[PDB]
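Looking at a structure with anagliptin today.
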There are 2 protein chains.
Amino acid sequence: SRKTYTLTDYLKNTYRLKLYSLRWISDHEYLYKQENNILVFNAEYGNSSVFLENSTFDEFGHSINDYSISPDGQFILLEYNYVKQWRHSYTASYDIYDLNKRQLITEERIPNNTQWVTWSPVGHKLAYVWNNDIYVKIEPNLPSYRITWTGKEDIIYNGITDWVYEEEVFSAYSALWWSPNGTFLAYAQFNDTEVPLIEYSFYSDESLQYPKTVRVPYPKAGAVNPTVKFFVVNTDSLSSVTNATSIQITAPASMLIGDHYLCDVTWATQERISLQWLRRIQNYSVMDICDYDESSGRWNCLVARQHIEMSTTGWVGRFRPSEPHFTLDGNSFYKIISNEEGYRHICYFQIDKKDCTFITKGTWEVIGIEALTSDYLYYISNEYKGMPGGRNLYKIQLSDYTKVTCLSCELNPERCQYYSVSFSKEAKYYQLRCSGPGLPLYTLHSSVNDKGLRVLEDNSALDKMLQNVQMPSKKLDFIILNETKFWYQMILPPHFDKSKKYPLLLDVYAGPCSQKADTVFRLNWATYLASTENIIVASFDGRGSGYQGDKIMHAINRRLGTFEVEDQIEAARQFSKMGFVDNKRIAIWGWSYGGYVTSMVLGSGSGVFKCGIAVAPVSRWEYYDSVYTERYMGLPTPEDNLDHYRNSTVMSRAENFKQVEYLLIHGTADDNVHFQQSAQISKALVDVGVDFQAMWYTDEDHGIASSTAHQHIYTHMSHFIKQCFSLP
Amino acid sequence: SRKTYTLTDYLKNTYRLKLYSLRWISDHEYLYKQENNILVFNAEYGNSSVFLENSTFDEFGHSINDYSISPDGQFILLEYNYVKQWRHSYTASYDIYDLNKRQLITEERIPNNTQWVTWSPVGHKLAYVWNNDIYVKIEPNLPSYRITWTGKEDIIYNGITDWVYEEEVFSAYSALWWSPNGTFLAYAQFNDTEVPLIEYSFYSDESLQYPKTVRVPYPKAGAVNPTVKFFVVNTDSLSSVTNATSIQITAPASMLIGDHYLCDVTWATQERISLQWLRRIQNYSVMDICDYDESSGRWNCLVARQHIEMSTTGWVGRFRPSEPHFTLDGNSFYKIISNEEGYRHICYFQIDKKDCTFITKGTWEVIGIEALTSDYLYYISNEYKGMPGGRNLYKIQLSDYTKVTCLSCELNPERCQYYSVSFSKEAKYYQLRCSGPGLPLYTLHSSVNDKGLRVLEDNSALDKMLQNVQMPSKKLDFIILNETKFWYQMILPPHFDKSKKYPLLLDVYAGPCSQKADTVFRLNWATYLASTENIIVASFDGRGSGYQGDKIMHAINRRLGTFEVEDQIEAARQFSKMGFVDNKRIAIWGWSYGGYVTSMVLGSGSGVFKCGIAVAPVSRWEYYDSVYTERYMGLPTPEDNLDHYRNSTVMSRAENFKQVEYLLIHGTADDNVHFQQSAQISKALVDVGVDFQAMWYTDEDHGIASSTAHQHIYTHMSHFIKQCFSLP
Ligand SMILES: Cc1cc2ncc(C(=O)NCC(C)(C)NCC(=O)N3CCC[C@H]3C#N)cn2n1
Ligand SMILES: Cc1cc2ncc(C(=O)NCC(C)(C)NCC(=O)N3CCC[C@H]3C#N)cn2n1
Ligand SMILES: CC(=O)N[C@@H]1[C@@H](O)[C@H](O)[C@@H](CO)O[C@H]1O
Ligand SMILES: *[C@@H]1O[C@H](CO)[C@@H](O)[C@H](O)[C@H]1NC(C)=O
Ligand SMILES: *[C@@H]1O[C@H](CO)[C@@H](O)[C@H](O)[C@H]1NC(C)=O
Ligand SMILES: *[C@@H]1O[C@H](CO)[C@@H](O)[C@H](O)[C@H]1NC(C)=O
Ligand SMILES: *[C@@H]1O[C@H](CO)[C@@H](O)[C@H](O)[C@H]1NC(C)=O
Ligand SMILES: *[C@@H]1O[C@H](CO)[C@@H](O)[C@H](O)[C@H]1NC(C)=O
Ligand SMILES: *[C@@H]1O[C@H](CO)[C@@H](O)[C@H](O)[C@H]1NC(C)=O
Ligand SMILES: *[C@@H]1O[C@H](CO)[C@@H](O)[C@H](O)[C@H]1NC(C)=O
Ligand SMILES: *[C@@H]1O[C@H](CO)[C@@H](O)[C@H](O)[C@H]1NC(C)=O
Ligand SMILES: *[C@@H]1O[C@H](CO)[C@@H](O)[C@H](O)[C@H]1NC(C)=O
Ligand SMILES: *[C@@H]1O[C@H](CO)[C@@H](O)[C@H](O)[C@H]1NC(C)=O
Ligand SMILES: *[C@@H]1O[C@H](CO)[C@@H](O)[C@H](O)[C@H]1NC(C)=O
Ligand SMILES: *[C@@H]1O[C@H](CO)[C@@H](O)[C@H](O)[C@H]1NC(C)=O
């Protein structure tokens, strides 16, 4: 066809995927960003109208980052001056705008540097965090009622997470949860007094004469963790001339014996809070159901209705214990739980009753409970066809658990095998979101019929463009390594010939609960390596991987660095048993956990790999964070699992790296997997005679995310792959 | 047959130069280590006696780092437990041993972690620094007096230097100076209170979980400097119940007007100190000459005894104002001053007189004054043959300044063109120390007659070893740019011929006062590049270089990054004009200042250089230290020289590096030229799109000089020059 997908197209984004990201604002209405105008669309009858003329700029002159409308409709927040912190955390400035008047509130403004803002779910109350303390505005033009006073930089956090709870427990900076009608404000406080700092240099722009040492409370494996308290405040009874009153609700006594984590907060009703707790050995978990009591102000959590969850073989959850989806009445909930057969399935709990009824079953897993109605529960799963790498929407009839209906399986079954869903409020309308194996398809539905109303974006211009390109295909299949299936994918070059020997990259992540063999569509680096340079970029899911039952996933418990690494050698070995793969040209690469896994493969002495690349790798598990590492490994005490902590290091395999070419990459401002880890790889290689290639990225974080640095890292890695595979 | 000088032979140190490391202890005797038996030798007659046996000090329990015999012979310091700090500084443990008995001094011992130790010049007194304070010890067994109390880590340095005084002022961790007979002890005090810290990480062993942040008071260009005060204690009047009085000698009013340094301390007489100060703009210096009185104990410095040394065109000194050489009576002195013509020569000063009288002149420079008797002043110079990178010993009859006589020129004129000298006490004997261009040759001589007594070491065993190895030859010659001779050296391959086109490396330092073209013999990395791989390694001293007058040296004044860069490029243009060099295979490399000029050459755009390697380079003069930088640059203020601080960065040349292959190298614990400096080069290259090779070194300093990291850096660089020059 004359043309390929080049590296320049990946880095500059020539061939664009169009998304259809909408925010629901009611039970029937949503917002979309059509050009620079924000339109509201009525999802029943189809019609739309312009809500924001004046764009993305003009209301003060500032380029706006977000447009959060209050749920009653009367007000709007304009977010400006975004300053990224870590993965979810940021600071910004916040002007509140009156929509019934069309004018700015210059009375009692939210101060710049604000860490978090959230409207109450009803009305127009605000709660915001600023300087580690919570603030509450009853009206947006009236003074803030301050609510905590204990906040201090790097030490006490009220209403926002610390480093490790952000990245590793909640997946979020926020630690405010409102009651559904707006009355109570629940919040968690974190305490980082005795937690040790990672210290790293930051060089800044050229004019900064002395480097800044950036210092971050960060527990690594075995270290002193943070501590957690949990509170509730009533907002309707805040005194205008006295202090707020925050009633603590203490964690259950089976948690207070050790170090523990608060891992979930979901309000069941206006007067009921569900709270999951996790022991530091993350295989024992306790939910409290905590009702208010109007005669005392307090929160009682009767131990009878608390629900225990545990693991005798791994850890509770996929990363954390799963979220309960309550029924409206308060008195029951559904929750994803691993069953007796090993597989993760929906389970119905009744508030004062032990155990659960499994409402789903089989050799496959539920991914998430998406929406709960009077008569249906909607869920995504990988059930369809026996493929653990596809996603489809389902609905269980709650009066007859045998009446499950797939709502997305058959809509376009060759093009669309990987769905997600965004439901409106009360679940009246649902936007399906296909994302492979053909081009992303975005469609709107009503829940009454399951009939489709409109097609929101079909990716037509993306299609028409890509018919010029010699595009690669994806094989998706399995290999039976015992009796059990293990899944894989291959991006194969265009014009692929089974009687020709191609070079073979493994893309690797490989960590606990990962998935790399999937039906998703991607325009990435691997698309350039197959399209232009004729490399098969394959990828394997082995022992330790997710979405397939705990006999696969929990294979790696107390044993990181072993079977996820060894089955990746077996995957390359197996692909080279097939006769379209060159034996003399087999690279391996990953980022992060895959950087780690790549280095352990390179240092195993297998013979199979000529070269590899490790970007921002872990190298030794005592250098990475406590919450993640000890979830799988235990504690690095010799009463526990110190022997495997020490036996699983990249450093202790340094000797075998002279059999291989090696590129090591890392960002010097990595707040996540610190530059330490790569500094310890490189020193071990130096101390044993091996030669390798290195590349630091000055000031770049864990994602190596800057536009110039992203262009550079992939250009450098391309030249490494091409020299290794003998390509001009 | 014949083998070749390989990289393995360089690294493992196969062909070893024997030196002759003697140490004078009298006017007629020296000590020399043989087998860890230290022997004393008699100079005239040549006989020896074993003074310390190798088997003695096994019972001690430790491997000894140094021996230091007292000037009366009654004692010895045994230094052990060496722990390097910076270039000259260290911490140690010290036992004293009695040589009239044969036992250790058991009580009143020098503490552990002592920073510096020195005997008085006559006798057996001990001044030591520990915890930043001076302690005096009149007899080895008696309790130590405590001279100072103000000592404080990182802040107050009594009798030792802070960072910048160690590196750039004294070349020495020491800041004690005894009087010749031992009655007085003088000291500097540095005050680093407001000097900004520089911060960097230290990762340490694999077992260290959090990286430590090293912090060092370090004044960068323009930043607040340390201050200085100067003191003298009479150590024959220390009270056993009260503190020692320390009389402070104050600097001249013409130094106290702004910032300044104390740059030389020389005792002239038993009651006469010479002190030499330098303004922060280092083109003005004042020598005070301060006499004691027994009338009060004050030290009065007469202004009718001050001598001013200015510079009209650059800075005072080669690196600092030169050391004075007092005659015995103390009333007159000789020092190396720049004459009217710009060339450095010996000037005879008389104390009360203003002017000086030149004792030498010509088109060459005096390197050092090495001895002063009543009849002769002995000096090293480059006069011989017109060669600015040769060295020879001279003597200058003080009764007749035209009766100059070269003591070393004609000894072995083909083998020996680079000398140094060590005289005995009172200058009765001298060791000459030839360094090339043949194998090093060590000889002893008598001063009364200039008769050679013996050969001490001749490197006979190395010469036998090298007859079976194909060694490279060395050309040392000159080009003529703008009517001036500028010298170069070429290390030419074995069996070299005029007809082939050889690839050319260009080794560089290039800094102010440097000399990379000389007559000294070396077995180095360049010897392997010539021997095995057939690479001409070349070197050139352009403008800015020393030894050739101030018309060449002060060309670079205020102007670093300018003519020294231009002239390494023009030297490589010129070397291509000779027909034996491949102009598609020029490369460039240096270390430190040489990595700065490598970088400024590689980013010039000249077309000459295909590749190069900057190791631990400067990149911006505001990141390097104040004392060095501002010597040649002024202050980085817009009232001074800011504009040229900004024009002369590597970063502002980043876009042009797209034309050249590039390897940037740096060790992360470099306390001298910080890892900051390469980290801002790489940011600049990234933010502009240019690929480059990188290499870091975890915990290596400015030297990159561990056994493992020395093997690894030179192996990695060897790969880069081979693959650039297309060599297998
Ligand atoms: C699809 C899905 C669902 C889900 N639910 C939770 C998380 C989650 O908690 N993610 C945080 C995580 C990225 C694992 N933090 C650790 C981290 O960053 N690590 C670990 C070692 C290497 C390095 C990397 N990369 C991720 N998903 N994804
Ligand atoms: C021949 C000779 C004799 C001598 N006596 C003293 C000094 C001296 O004190 N020199 C300053 C020095 C120790 C090199 N510090 C500066 C330094 O290390 N720099 C400067 C920028 C790059 C980096 C390097 N390399 C130099 N000489 N030379
Ligand atoms: C910071 C803090 O709360 N420290 C408490 C202190 O108040 C108490 O007096 C002491 C002895 O009982 O115990 C500490 O843990
Ligand atoms: C849609 O049309 C009806 C009026 O017939 C009404 O709901 C509203 O004006 C329109 N809504 C939107 C979002 O455009
Ligand atoms: C911060 O708030 C101030 C009010 O103090 C406002 O004038 C300004 O626009 C805000 N943003 C910045 C970047 O200062
Ligand atoms: C934070 O925790 C430390 C113990 O790590 C304790 O001393 C301090 O009192 C706590 N502060 C608050 C506000 O809870
Ligand atoms: C509220 O209490 C805090 C102590 O937690 C105190 O510092 C503050 O003065 C009180 N505020 C008011 C308005 O009384
Ligand atoms: C919200 O529910 C609470 C809890 O019972 C009740 O106190 C309050 O009256 C309700 N408020 C609103 C606005 O509905
Ligand atoms: C949790 O894991 C540990 C470590 O493998 C094990 O000893 C313990 O029995 C497990 N189960 C519970 C409920 O603690
Ligand atoms: C050298 O020999 C003479 C004569 O025996 C002796 O007096 C002198 O001490 C000896 N010196 C040494 C260092 O052995
Ligand atoms: C210094 O301490 C070491 C122990 O590290 C000990 O062996 C030695 O005897 C001590 N030396 C002195 C002079 O106190
Ligand atoms: C050191 O200097 C600081 C000013 O930076 C001053 O406060 C202190 O007194 C001085 N200390 C000594 C021992 O001179
Ligand atoms: C000075 O000496 C007295 C004893 O006379 C002693 O107490 C004091 O420590 C010394 N001075 C200082 C500043 O330490
Ligand atoms: C050293 O010279 C000084 C100054 O003249 C005098 O006070 C002292 O007596 C002399 N000491 C010795 C040991 O010669
Ligand atoms: C020192 O250098 C400055 C800066 O170039 C120059 O203006 C001045 O004349 C010199 N000052 C002295 C005291 O020689």
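Chains are lettered A, B, ... in the order of the sequence lines. Using the numbering of the PDB entry, the residues shown for chain A are 39-766, in order. Going by the PDB entry, the residues shown for chain B are 39-766, listed in order. Recorded method for this deposit: X-ray crystallography, 2.8 Å. All ligand and atom numbering here is 1-based and tracks the order in the structure. Quick note: numbers below take in every heavy atom, side chains included, and nothing from hydrogens, waters or symmetry partners.
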Location of anagliptin, all copies:
ligands 1 and 2
Quick check: main partner chain of anagliptin (ligand 2) by heavy-atom contacts, named as in UniProt?
Dipeptidyl peptidase 4 soluble form
If you measure heavy-atom distances to anagliptin (ligand 2), which other chains fall under 4.0 Å?
B
Species of chain B (entry):
Homo sapiens
Which UniProt active-site residue of chain B lies at the shortest heavy-atom distance from anagliptin (ligand 2), and what is that distance to 1 Å?
B:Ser630, 3 Å
If you take every non-hydrogen atom within 4.0 Å of anagliptin (ligand 2), which residues does that pick out?
B:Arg125, B:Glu205, B:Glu206, B:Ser209, B:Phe357, B:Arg358, B:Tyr547, B:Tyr585, B:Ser630, B:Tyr631, B:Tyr662, B:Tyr666, B:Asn710, B:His740
